[PDB]
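Summary heading: complex between testosterone and Cytochrome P450 monooxygenase.
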Number of protein chains: 4
Amino acid sequence: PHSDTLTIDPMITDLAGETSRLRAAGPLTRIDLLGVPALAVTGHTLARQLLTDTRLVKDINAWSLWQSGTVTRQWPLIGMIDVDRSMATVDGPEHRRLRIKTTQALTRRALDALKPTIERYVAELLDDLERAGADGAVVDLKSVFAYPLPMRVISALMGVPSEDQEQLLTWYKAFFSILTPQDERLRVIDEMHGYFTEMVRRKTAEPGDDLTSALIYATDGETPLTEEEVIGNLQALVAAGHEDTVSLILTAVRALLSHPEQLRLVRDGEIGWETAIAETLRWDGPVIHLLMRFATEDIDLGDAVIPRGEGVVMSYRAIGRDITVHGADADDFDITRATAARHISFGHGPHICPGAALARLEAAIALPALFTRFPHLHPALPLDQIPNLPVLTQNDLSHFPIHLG
Amino acid sequence: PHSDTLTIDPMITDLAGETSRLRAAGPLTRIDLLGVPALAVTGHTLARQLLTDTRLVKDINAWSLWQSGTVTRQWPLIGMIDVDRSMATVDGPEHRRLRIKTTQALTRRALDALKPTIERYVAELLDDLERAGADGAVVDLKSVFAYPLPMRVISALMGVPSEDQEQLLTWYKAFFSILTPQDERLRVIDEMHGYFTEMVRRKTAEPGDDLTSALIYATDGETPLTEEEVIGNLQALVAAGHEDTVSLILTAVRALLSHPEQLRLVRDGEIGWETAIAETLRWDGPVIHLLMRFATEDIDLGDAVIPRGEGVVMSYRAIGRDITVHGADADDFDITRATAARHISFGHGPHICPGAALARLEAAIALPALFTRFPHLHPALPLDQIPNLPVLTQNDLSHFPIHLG
Amino acid sequence: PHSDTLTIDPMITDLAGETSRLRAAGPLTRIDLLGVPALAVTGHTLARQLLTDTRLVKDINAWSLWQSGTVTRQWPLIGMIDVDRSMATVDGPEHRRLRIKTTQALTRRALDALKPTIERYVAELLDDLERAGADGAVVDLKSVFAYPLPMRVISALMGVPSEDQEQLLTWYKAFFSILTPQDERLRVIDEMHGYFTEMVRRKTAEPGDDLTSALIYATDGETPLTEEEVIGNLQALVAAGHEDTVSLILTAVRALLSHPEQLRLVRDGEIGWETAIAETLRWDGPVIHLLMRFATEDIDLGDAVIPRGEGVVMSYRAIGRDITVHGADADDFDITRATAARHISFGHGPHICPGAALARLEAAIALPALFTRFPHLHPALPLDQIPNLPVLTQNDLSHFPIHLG
Amino acid sequence: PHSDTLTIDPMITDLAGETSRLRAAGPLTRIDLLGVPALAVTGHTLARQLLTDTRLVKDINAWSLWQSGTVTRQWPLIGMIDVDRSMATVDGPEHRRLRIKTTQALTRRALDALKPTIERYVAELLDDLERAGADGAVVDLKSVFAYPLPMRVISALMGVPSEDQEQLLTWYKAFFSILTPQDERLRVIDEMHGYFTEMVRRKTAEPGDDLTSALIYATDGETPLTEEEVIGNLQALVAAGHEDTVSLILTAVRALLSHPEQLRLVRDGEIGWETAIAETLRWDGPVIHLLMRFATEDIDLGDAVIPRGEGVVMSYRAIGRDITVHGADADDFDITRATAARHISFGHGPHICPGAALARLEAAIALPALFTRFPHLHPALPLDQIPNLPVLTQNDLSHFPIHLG
Ligand code: HEM
Ligand code: HEM
Ligand code: HEM
Ligand code: HEM
Ligand SMILES: C[C@]12CC[C@H]3[C@@H](CCC4=CC(=O)CC[C@@]43C)[C@@H]1CC[C@@H]2O
Ligand SMILES: C[C@]12CC[C@H]3[C@@H](CCC4=CC(=O)CC[C@@]43C)[C@@H]1CC[C@@H]2O
Ligand SMILES: C[C@]12CC[C@H]3[C@@H](CCC4=CC(=O)CC[C@@]43C)[C@@H]1CC[C@@H]2O
Ligand SMILES: C[C@]12CC[C@H]3[C@@H](CCC4=CC(=O)CC[C@@]43C)[C@@H]1CC[C@@H]2O
Ligand SMILES: [Cl-]
Ligand SMILES: [Cl-]
Ligand SMILES: [Cl-]
Ligand SMILES: [Cl-]
Ligand SMILES: [K+]
Ligand SMILES: [K+]
Ligand SMILES: [K+]
Ligand SMILES: [K+]
């Protein structure tokens, strides 16, 4: 049945159907997010244009529905938007000051110092896979390998103690799940804020060799970051650094296992692993929808107008399936396509993902290490039967049962 | 493709297909349980006969595969069989001594003293549903209502402190999941044993108004139960009292919601709630397979012989679908059928479930309370899309998204 | 994807799906009629109760959406509600005065005088079928037989000249089609009003042996009907007398042709033709939705409240599929079922169809005459491929290709 | 079930299946046209050869079935063949005289004088779409835009008065529909002949600036056309000029809406509109079968022989799907294919469509005007559910429900 507003299903029962419908109704279309209306950008070229348009800001105070009190903290998606001041909420000249220390710490050269730590965690978790898969038993690749690894890496970078990481994982699972009761979710949001507040206090009194300390003590240059800004950057870096990288690792393994000819190309050195990672990001990336941007004034696109105060969502999954950019086979996984590295699954413009080099590095180490260690790894359950968790905006897989072979 | 040994799929990908194949290949057929062979009893009349045959015992030491060292603690299903001495592991005259105090405490008349406690827990968890479902939000009926309720009831009966119940739930989820690494599963089994050992120590020093204390301090009649026997009975009562009752509540709601005409019959008083519960137990009961029985000698059934030392599994789900007993519509949910209360989903013979009256009482209170409180309750996800957890022998649903209406 | 408001599709793409969804969400549920909200009564028992509830009136001025100017004449369904004063728009004591002369003229005994006229028209149109079907050609059963017949009968009863009937058919097709541009639809509504206004003028100056003349000149008893009341009754009698009877004839033929065993039962005298007509009315009747009733005050039904001013639609098709009344096979056509004549497809309460005896008489003459004349009549197109016309509230078939045989 | 004669289904229930079966059974195969046998040419190269073969003539008197009286005016397709003398019925030297005045009037340079008239009608009917689609209402693109436009254009060219065009539309709908009773169809054929006879009389007494007058008064050169020849040319020009162009406009919109990437290419100027029109003509053109040609003697094709007197049909739709000419993707709509302008959907040889430049001009004006005016135009009904009218030889769509957006 036809409707002009596409309701994003919170259970993610038909992700493929929604992504195709969003593309067909694009590049700009109305969507419904749990009773709240917004515009969705589903086209590649229009996304690049709007992601650099200074009239679209992240600040929730620019949202006419927030101004009128129509949307409140009872909205189950409010934790994705109504967050503390950070690089994720600011635009304009002040944005660069909130990003500079993080981008400096996340350059390829800076990450070379972190590479041996990543190698150690990959090796340790491969040992866990080996023990778990003994005697031909079925193993959850997510819980044993892909789920803990990015948390370990981002915790080492930021300075999160090893004993605290299980609690963070429990919090994020409740934070992202649509099934979490809203009173519990807001409570989890408060508990996470309290944890990172105390972590910043702990690093202020006793700084260490970690990014959090660098945010706290920026040394020469610029106004010091406020407590809210340090906590906000910390919160965004851990959340994204963990959530998105877990998805990239799992979807890459799923794509390569279901395309064994292409897995052979990367294992034999005919196609680079980073090219396989790029096509995974384009075809099956971590972000489904990015909430949210708001128009500070009317934005005229010629045929259509984005009214002042309207909310605008970047539908990165639909954007990756753009037929105008990638061709008629955009819905297929093909690491040999020429437009693989043309994706914008890390974003575009000022808010482009600062951890993109780290995400690429983690996947580029973990993936060949996994398939070299277990060359006969294969699913114990048909890959197409692996369901998504009920997470509206993130491409989160539930579990990944495999046999080591 | 045809095969003579039916492999029970650990991912529960096709439960309907397996149940029909087990019925078609029955009433006695060979099955494969994660590489271990056994016979499956899938016929109603043959089950009743074998459940009273004194030549089939629960003791794992009668298993020829256990005697020969072929099956070890590395088998992922070993926690269902190699357990402490209890009413679940003994046969013959000593069996009655390990059951008498429990059956005396679990009669319908004895349970009348527990009814107000059950009513309070149902009312409290319905309040949780109301808060979780505020503003039309989607609610997990399992996590908010059906999952905690039987744990609170069996904990009140046995004397498990309120603060310890979340840890028990965590243990049982790992105990039952096939995805749990076997070293972790064996550790959880050890941690559960340590908890219940200390609980018996705590109740020995300071007995209370609970069944555990009754097992510890009987009257002058009969030999006192050993420490192993008390712990063993306690472990079986909590595990079954929780695990099976959660499934009954969820499957009853699923069956009634997908058959609103039949839900109307029970709410309007034309069919009793206990009849709707009986048909749920027959059609979609908590136990899929019951492990395990072993022949002390050759058992001649006419057309076939069960060799001495062979393992025998009661496939209660397939048994409930017996067409010879229930008719050509055995695969349909119909609370008006005449053979509903003729099911043996609680077992038969000496090992018949001792908590059947409590399971019936919990469901008979919780179900009408749920539908009276939320008369417009309905699924937020198509009922047929609710998956089973990867638990081989138990009918465990993953989650139950609903709207209060 | 799940939604709490069921949008009635104007293209009638999935009538079966919508009818089942309306039943499943009933007996009272919210619907969307081309952007306008209303409640739909989809349950049999609740319909009978509300159709006799004096707090639900037909007068559009009781509609809060009409009072507030939210709904206007630009709404494509406004011609079904905002009509002239007649028996269709009034409730209470004045309702009986607007119905008495019509009900007196439409009793079974009064209709005996019209039977030879119906017989002549059936015979004439069967002759048309014979000529149209010459040399084995395909014939549109609708255009040649079922479409003109009820117009000729209701025109003979009301006094519509033979030469004017083709224009009336053209008007009604535009009136009912959702595809008609709204400015054109409003013009057709005005042209129909002008025609019937002049017809009443013509009958006032020169009365005849017809019902229209009877409405104009009653006896000394009671106040004479106003001009608006005569025109209004005339318009309702012609519209319903034509539109609904065409559908009944076509759906009866479709149901019997797709169930030749049941057609054999009526032709061989084991089941009466009026019973086959009753099951057609229950299973595939002319009315899909009846617009519209409005609550003069809050109506408490126990679990729900119909707010004052809300619009209430009788979904007669969904009501006919009531499983609580007709059993588990309610979606099947079965003239031997015991509940066939228990349908309320003619309505219930004061507004019950006054022409039901005439509709039954027309079908009871036409159907056996058709099958006696052409015993080998059969479809030239698969019956399930016959589409509905885009008419939201009426069960209107597009065309009915047959061969005479 | 296999048969050597392919029966063309008069209801067009499976047009895709028949077209593929005709191609698979080609390039020359037997078909059944409502009980009348003929040969069908379904291959591209064989069509070009036979369309220039002087042994295949249009004259029905060369048909052995017509000579023997086997086929008569009772055949429902006889109006496509047994027509008055015109350019459509003559072959050889006399053919050019019946075509010269028409081809001279239909050159691209001559049509430049008609372009402002086409622009005015497109603008007027776009205004009708705007009014019909007000307030988001569904609009029939056929009835409001595509159906009247070619009639207006061909009427302006030929000199048909504006007030007479609705009657012509009504006649042609009955003429083409297989559901029309044959006695009514022959009557419609007579009424059309009477209308065009009087139109030629009217233009003879008072000639105007139109093609009909040019046919009547050819000025210098050649024998004057007879009354039968003028009426015959007039009849063919209006019938084809209207019927085929309506189909081209609707199928082009359907193809572009279902391929939004390709619609973007033409709207952005990367592919010419005339290239999109060419691929629409190749893939989904107006003519399905062209009746009919007859062999004046035995025609030897090497492997097969067309016997003298046999009827030969050009299956232009199947011809457009020729895999030998267009490749393995011939069944796909792709305006970027290299063989798009290689189609013969306008025919080939002496009888090639004389109005091809006019059809291309009408579509090349109307299509960009439509999408420029309503850039967000989209279907209100799934495009694949738009059915064909029961017209055997013409690709006639029933209705085209859209929203303006
Ligand atoms: C694993 C693959 C990853 C993907 C596909 C991804 C993608 C994205 C996207 C789409 C955005 C928002 C762009 C927008 O505003 O529209 C973003 C922002 C961000 N990401 Fe990533 N990310 C990934 C991993 C990471 C990692 C490893 C980190 C490390 C901490 C990280 C930290 C951040 C932060 C802090 C922002 C906010 C930047 C800003 O708003 O200025 N992400 N990412
Ligand atoms: C909710 C529905 C329940 C079902 C369908 C069920 C079913 C069963 C079955 C099939 C057996 C084993 C029969 C055999 O040996 O083949 C069993 C045994 C047992 N059940 Fe239940 N059960 C339920 C709830 C409960 C409850 C509420 C308790 C309370 C503590 C309980 C405690 C036990 C114990 C201790 C045994 C072992 C008895 C023995 O081996 O002697 N179960 N049950
Ligand atoms: C062919 C089968 C027919 C069916 C299934 C049918 C059904 C109905 C229904 C459902 C209603 C409205 C009930 C309500 O208010 O909810 C109605 C009212 C009415 N019908 Fe019929 N009808 C049929 C034929 C006819 C015929 C032959 C006539 C003759 C004139 C007629 C004239 C009317 C009139 C005037 C009303 C308005 C009565 C009032 O509102 O008081 N209908 N009918
Ligand atoms: C809209 C797209 C059109 C298509 C695809 C089309 C196609 C055709 C075809 C296939 C034929 C017969 C070729 C044969 O004999 O096998 C034909 C003939 C003819 N068409 Fe068109 N036509 C179109 C539009 C028009 C228009 C706009 C006119 C203007 C009057 C027209 C007038 C004629 C006439 C008079 C003939 C007979 C020519 C002859 O037999 O010498 N057609 N057309
Ligand atoms: C959306 C995101 C996950 C959720 C993050 C978001 C950055 C801002 C942020 C700060 C919080 O306090 C909660 C999590 C969020 C909302 C991240 C940007 C890229 C990644 O996908
Ligand atoms: C199988 C069962 C769940 C697992 C229980 C079993 C009784 C014996 C038992 C004692 C333990 O220590 C672990 C759990 C088990 C193995 C129960 C009998 C009925 C219920 O379904
Ligand atoms: C709805 C109906 C068809 C449309 C009729 C309606 C009665 C009232 C009426 C008067 C009019 O002027 C237009 C048609 C309508 C709106 C009829 C009652 C039963 C039949 O189905
Ligand atoms: C077949 C046709 C439609 C019907 C036209 C035909 C040209 C000859 C002709 C003269 C008539 O009198 C009726 C219509 C017909 C039969 C046209 C040629 C191309 C177009 O498709
Ligand atoms: Cl990349
Ligand atoms: Cl029971
Ligand atoms: Cl009836
Ligand atoms: Cl072309
Ligand atoms: K666009
Ligand atoms: K593909
Ligand atoms: K050939
Ligand atoms: K294809």
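By convention in this document, chain letters (A, B, ...) are assigned in the order of the sequence lines, proteins followed by strands, and residues within each chain are numbered from 1. Both ligands and their constituent atoms are indexed starting at 1 by order of listing. The structure shown is a partial extract from the entry, and contact counts are restricted to the extract.
In this structure, every copy of testosterone sits at ligands 5, 6, 7 and 8. Other chains with a heavy atom closer than 4.0 Å to testosterone (ligand 5): A. With the cut-off at 4.0 Å and only heavy atoms counted, the binding site of testosterone (ligand 5) comes to A/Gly79, A/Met80, A/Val83, A/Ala88, A/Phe175, A/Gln235, A/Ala236, A/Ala239, A/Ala240, A/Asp244, A/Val287, A/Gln394. Per-residue contacts place A/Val83 under 4.0 angstrom from the following atoms of testosterone (ligand 5) (heavy atoms of the residue considered): 10 (C), 11 (C), 12 (O). When distances from atom 13 (C) of testosterone (ligand 5) to the protein are checked, a heavy atom turns up under 4.0 Å.
The shortest contact between atom 5 (C) of testosterone (ligand 5) and any protein heavy atom is with A/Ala239 CB, 4.0 Å. The distance from testosterone (ligand 5) to the heavy atoms of A/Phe175 drops below 4.0 Å at these ligand atoms: 13 (C), 14 (C). At the shortest separation from atom 21 (O) of testosterone (ligand 5) among protein heavy atoms lies A/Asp244 OD2, 3.0 Å. Close contacts of testosterone (ligand 5) with A/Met80, meaning ligand atoms under 4.0 Å from a residue heavy atom, involve 1 (C), 4 (C), 16 (C).
Closest protein heavy atom to atom 1 (C) of testosterone (ligand 5): A/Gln394 OE1, 3.7 Å.
Residue-ligand proximity, A/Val287 to testosterone (ligand 5), at heavy-atom distances under 4.0 Å covers atoms 21 (O). Counting protein heavy atoms only, atom 17 (C) of testosterone (ligand 5) is closest to A/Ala240 CB, 4.0 Å.
Near A/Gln235, the atoms of testosterone (ligand 5) lying under 4.0 angstrom from a non-hydrogen atom of the residue are 11 (C), 12 (O). This PDB entry assigns chain A to the organism Nocardia farcinica IFM 10152.
Looking only at heavy atoms of the protein, atom 7 (C) of testosterone (ligand 5) is closest to A/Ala236 CB, 3.8 Å.
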List, pair by pair, the atoms of testosterone (ligand 5) and of the protein that are both N or O and lie under 3.5 Å apart, giving the separation rounded to 0.1 Å.
residue	atom	partner	partner atom	Å
testosterone (ligand 5)	21 (O)	A/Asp244	OD1	3.3
testosterone (ligand 5)	21 (O)	A/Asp244	OD2	3.0
testosterone (ligand 5)	21 (O)	A/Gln394	NE2	3.4

